[PDB]
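Structure (with aminocaproic acid).
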Amino acid sequence: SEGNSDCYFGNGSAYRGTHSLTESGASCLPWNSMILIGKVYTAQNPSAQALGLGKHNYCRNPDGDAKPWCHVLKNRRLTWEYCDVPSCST
Ligand SMILES: NCCCCCC(=O)O
């Protein structure tokens, strides 16, 4: 409402989040990215629907985690952290 600070309820499962980055890990690997060819969660994944992704880099909760998270690239290694989605609280 009003300013409507991009937030989510419980785990933003059904609702669609607008954030596309992890709290402090890094940016979110493009779901339809080629590096995710048939990988954990992606838009090019045969389960893209269940994944809850799409042609973008938004954060999601394909596993049903807390706040929609997203992949992140670390020191020569891959990762994924909670996205910086400002909860609604109350
Ligand atoms: N719960 C999301 C897991 C995402 C996997 C990312 C990785 O393999 O680093």
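Quick note: numbers on chain A are straight from the PDB entry, i.e. 1-90, in order. Every number for a ligand or one of its atoms is a count from 1 in the order of the listing.
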* Main partner chain, aminocaproic acid (ligand 1), name from UniProt -> Tissue-type plasminogen activator chain A
* Asked: Which residues from other chains neighbour aminocaproic acid (ligand 1) at a non-hydrogen distance under 4.0 Å?
  -> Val40, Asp63, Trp69, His71, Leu78, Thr79, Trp80
* For aminocaproic acid (ligand 1), which UniProt domain of chain A supplies most of the contacting residues? -> Kringle 2
* To do: Report the source organism for chain A from the entry.
  => Homo sapiens
